[PDB]
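These notes are about the structure you will find just below.
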Amino acid sequence: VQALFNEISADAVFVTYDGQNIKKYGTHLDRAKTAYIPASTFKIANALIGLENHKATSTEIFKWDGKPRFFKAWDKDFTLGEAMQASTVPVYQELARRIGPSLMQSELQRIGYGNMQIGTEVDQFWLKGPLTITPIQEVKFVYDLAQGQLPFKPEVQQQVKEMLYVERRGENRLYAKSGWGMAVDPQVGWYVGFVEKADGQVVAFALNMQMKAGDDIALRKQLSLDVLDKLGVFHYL
Ligand SMILES: *C(=O)[C@@H]([C@@H]1NC(C(=O)O)=C(S[C@@H]2CN[C@H](C(=O)N(C)C)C2)[C@@H]1C)[C@@H](C)O
């Protein structure tokens, strides 16, 4: 499992949490206590805050305004859940603006998300700082989401869980969110989520790694699923 990790020159940590114990794997374990920008993984918290504070619904269609976005794949209409899986920044920036800086700040503090700092710009703080979060905090946040244990209404947590539903493999279910922060140095790669196993156990996970411009986009998920197979959490079908 260690051999898997250093087949790349990836500098990387993989964290698991089962509600009592944190386990760490990879090439650079100190990464798990290290704080990084959440990038696209912040969409989980943005969705939760938005639904809880009645700023959006899980059925609302955020329409494209016709102005070309950073990626052409984002030049369409999205619900929050579709935007979650496509990582559609401008949709979640619209949501963040509906929320507003003081409510966003008060809410991230209330729920104890990372360092709880947003600064002045309500649509940039998760992409360039000053908000940072450790992979351990990330694994515990999504674990709590999985259990309905976050400080949000139960139906809100359920809605955001379904936004993260990415694979069914028998009676096992995978929930995940990827992230690639490119506007910081060094670049940060995330793949965070949980597996709801057929036996009833949930295991939460977080991949956190250094990235750079060459890197293939699928590598984070591949790695994660690789490790989860090796650990026995989510076997390849
Ligand atoms: C979030 O961290 C950023 C997005 N995160 C990801 C990602 O996790 O893969 C991407 S990749 C981007 C969106 N999908 C485009 C694509 O796959 N095609 C056009 C085929 C590439 C983003 C970098 C967000 C902050 O931008």
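Quick note: residue numbers are just sequence positions, from 1. Looking at the header, which is where the method is noted, we find X-ray crystallography, 1.4 Å. For the numbers below, each heavy atom of this structure counts, side chains included, while hydrogens, waters and symmetry mates do not. Order of appearance sets the numbers: ligands from 1, and atoms from 1 within every ligand.
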Review point. Counting heavy-atom pairs within 4.5 Å, which chain has the most contacts with ligand 1, and what does the PDB entry call it?
Key: Beta-lactamase
Review point. At ligand 1, which drug or drug candidate appears?
Key: meropenem (bound form)
Exercise for review: Write down the species the deposit gives for chain A.
Suggested key: Acinetobacter baumannii
**Study point:** Proximal meropenem (bound form) atoms for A73, defined as those under 4.0 Å from one of its heavy atoms
**Key:** 19 (C)
Check your understanding: Between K72 and meropenem (bound form), which part of the residue brings a heavy atom under 4.0 Å of the ligand: side chain, backbone, both or neither?
Key -> neither
Exercise for review: Give the residue, atom name and distance (to 0.1 Å) of the protein heavy atom nearest atom 6 (C) of meropenem (bound form).
Suggested key: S87 OG, 4.1 Å
Exercise for review: Write down the residue and atom holding a covalent tether to meropenem (bound form), else none.
Suggested key: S40 OG
Practice item. Within a distance under 4.0 Å of any heavy atom of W180, pick out the atoms of meropenem (bound form) and give their elements. Key: 1 (C), 2 (O), 3 (C), 5 (N), 23 (C)
Practice item. Check each heavy atom of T41 against meropenem (bound form) and say whether those closer than 4.0 Å belong to the side chain, the backbone, both or neither. Key: neither
**Study point:** meropenem (bound form)-proximal atoms of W190, by part, heavy-atom distance under 4.0 Å
**Key:** neither
Exercise for review: Would you mind running through meropenem (bound form) and noting each atom that sits below 4.0 Å from a heavy atom of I217?
Suggested key: 9 (O), 11 (S), 21 (C)
Practice item. Can you sort out which atoms of meropenem (bound form) are near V89, meaning under 4.0 Å from one of its heavy atoms? Key: 24 (C), 25 (C), 26 (O)
Check your understanding: Which residues overlap between the UniProt beta-lactam-binding set of chain A and the residues with a heavy atom under 4.0 Å from meropenem (bound form)?
Key -> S40, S87, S178, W180, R220
**Study point:** Minimum heavy-atom distance, meropenem (bound form) to UniProt active-site residues of chain A
**Key:** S40, 1 Å
Exercise for review: May I ask you to list the atoms of meropenem (bound form) that are less than 4.0 angstrom from any heavy atom of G179?
Suggested key: 2 (O), 8 (O)
Check your understanding: Going by the order shown, which atoms of meropenem (bound form) are within less than 4.0 Å of some heavy atom of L127?
Key -> 25 (C)
Review point. Below 3.5 angstrom, do we get any N/O pair linking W74 and meropenem (bound form)?
Key: no
Check your understanding: For meropenem (bound form), which atoms have a heavy atom of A39 less than 4.0 angstrom away?
Key -> 2 (O)
Point to revise | meropenem (bound form) binding site (4.0 Å, heavy atoms) | key: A39, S40, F71, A73, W74, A86, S87, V89, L127, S178, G179, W180, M182, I217, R220
Could you list each nitrogen or oxygen of meropenem (bound form) that sits under 3.5 Å from a protein nitrogen or oxygen, with the atom names and the distance?
unit_1: meropenem (bound form); atom_1: 2 (O); unit_2: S40; atom_2: N; d: 2.8
unit_1: meropenem (bound form); atom_1: 2 (O); unit_2: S40; atom_2: OG; d: 2.3
unit_1: meropenem (bound form); atom_1: 2 (O); unit_2: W180; atom_2: N; d: 2.8
unit_1: meropenem (bound form); atom_1: 2 (O); unit_2: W180; atom_2: O; d: 3.3
unit_1: meropenem (bound form); atom_1: 5 (N); unit_2: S40; atom_2: OG; d: 3.4
unit_1: meropenem (bound form); atom_1: 8 (O); unit_2: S178; atom_2: OG; d: 2.5
unit_1: meropenem (bound form); atom_1: 8 (O); unit_2: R220; atom_2: NH1; d: 2.9
unit_1: meropenem (bound form); atom_1: 9 (O); unit_2: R220; atom_2: NH2; d: 3.0

